[PDB]
Amino acid sequence: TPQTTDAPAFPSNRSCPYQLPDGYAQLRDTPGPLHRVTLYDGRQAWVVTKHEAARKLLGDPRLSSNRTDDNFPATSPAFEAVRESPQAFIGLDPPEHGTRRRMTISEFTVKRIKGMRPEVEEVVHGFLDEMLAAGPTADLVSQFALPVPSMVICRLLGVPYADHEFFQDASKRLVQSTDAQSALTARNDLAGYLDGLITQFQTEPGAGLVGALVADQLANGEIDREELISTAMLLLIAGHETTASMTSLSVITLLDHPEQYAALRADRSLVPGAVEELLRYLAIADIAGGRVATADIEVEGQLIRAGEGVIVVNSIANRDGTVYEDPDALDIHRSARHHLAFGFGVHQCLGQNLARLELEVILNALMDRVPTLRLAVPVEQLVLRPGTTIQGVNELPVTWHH
Ligand code: HEM
Ligand SMILES: Clc1ccc(CO[C@H](Cn2ccnc2)c2ccc(Cl)cc2Cl)c(Cl)c1
């Protein structure tokens, strides 16, 4: 009759945009690096819930990133579209992972990201121009948080922004669908589009990273055509959805901590540190922590057995009080160094410094151009995405001094 379990259902949903779900707070407080959970289909898996243990297991080659493994810890039926072959390098292990990742790294270097700053500022202020010209109220998501990173990543990739309604919609359907059929359709829509773009570039060599992969690696048989599609799709979707969620959740969080938001406005040298703290605190991508053991792993007396699924839950690890004193306190002045919002090791987020640039430019622009920005509804009225996808809000009504 008692319902207590030692393998609670995973994932949990946030009720507050920037707070751990109650069940995650429970996992955070329970000693030990690992904890059993039950996934949507009844299967048991391990979650990693402490900070150094998370780094250790992210660096352990025995925890494979191969999503096509039958034992990979899928958290929803929609996962079967990500289990579609071929995998982009996020789903590959060394040595294949490295050969594919190095086809893309040149677009994400510190020198390239620095070169992008004028363009990102132009895009950010252009969409602010438009949203502010029309006056309040507005949905910050559709009008600003999503189009800005979309326009930026399209230029990076060589994908025509003219088609943005098409791939923004497909991107949403892929990331947010709860059934395999809906996800597979969205994936097929994007794949067919990207396959046509490849053919166009074979006719007329094109700009951007897709153009470069077509002209070089594909022409040399060094990447499969369908790998190129998967790779472009990874970057296109991650380029859209991640940054947009950080923007909306950071605005919500900062407006709920007005003393720190005011301190940030008063001293813009605090923005880089504030971005690190917001990344640590909001940790929007637990959905990207899944691994499968290819061999037994001993972890501080607990045994992960070959064939078991393991989810490195970076949001919980980022609230490890042995690393971040008073971990559930937002503190833009703390050292948020070593946070795991981008992962750790060979798969650490390729876009991390583009994301850091965009959030810095965005926060500075909002504080510059809309210092009176405020939510047009109460926080409790917003609808948070579930834990089976990237954290965030699908709409964010805002107003300001016209
Ligand atoms: C705040 C925004 C973002 C967050 C929190 C985030 C989070 C993450 C995390 C946790 C991983 C590790 C996945 C794993 O270990 O399996 C990852 C990988 C990756 N992210 Fe992001 N990401 C963000 C933005 C972006 C953007 C803008 C891009 C644009 C291309 C991007 C592209 C990638 C890629 C390509 C990988 C795979 C890297 C590899 O496997 O070597 N991410 N991201
Ligand atoms: Cl078929 C297919 C192929 C690629 C993706 C995108 O891959 C990124 C991984 N990522 C996260 C942060 N940086 C990179 C992701 C995975 C899951 C979700 Cl819910 C949201 C995102 Cl943005 C998706 Cl969604 C579906």
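Per the PDB entry, chain A residues shown: 7-408, in order. Recorded method for this deposit: X-ray crystallography, 1.8 Å. One-based numbering, in listed order, for ligands and for the atoms of each. Reckoned from all heavy atoms, side chains included, excluding hydrogens, waters and symmetry mates.
The compound at ligand 2, a drug or drug candidate, is named miconazole. In this structure the chain with most contacts to miconazole (ligand 2) is the one the PDB entry names Vitamin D3 dihydroxylase. Counting protein heavy atoms only, atom 14 (C) of miconazole (ligand 2) is closest to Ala244 CB, 3.6 Å. The protein atom (non-hydrogen) at minimum distance from atom 16 (C) of miconazole (ligand 2) is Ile293 CG2, 5.0 Å.
For atom 20 (C) of miconazole (ligand 2), the nearest non-hydrogen atom from the set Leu190, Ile396, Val88, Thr248 comes from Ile396. Protein heavy atom closest to atom 8 (C) of miconazole (ligand 2), with residue, atom name and distance, is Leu240 CD1, 4.0 Å. Of the residues that UniProt lists as binding calciol in chain A, those with a heavy atom under 4.0 Å from miconazole (ligand 2) are: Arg193.
The residues of other chains having a heavy atom under 4.0 Å from miconazole (ligand 2) are listed as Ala87, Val88, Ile96, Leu180, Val181, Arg193, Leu240, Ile243, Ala244, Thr248, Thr395, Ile396.
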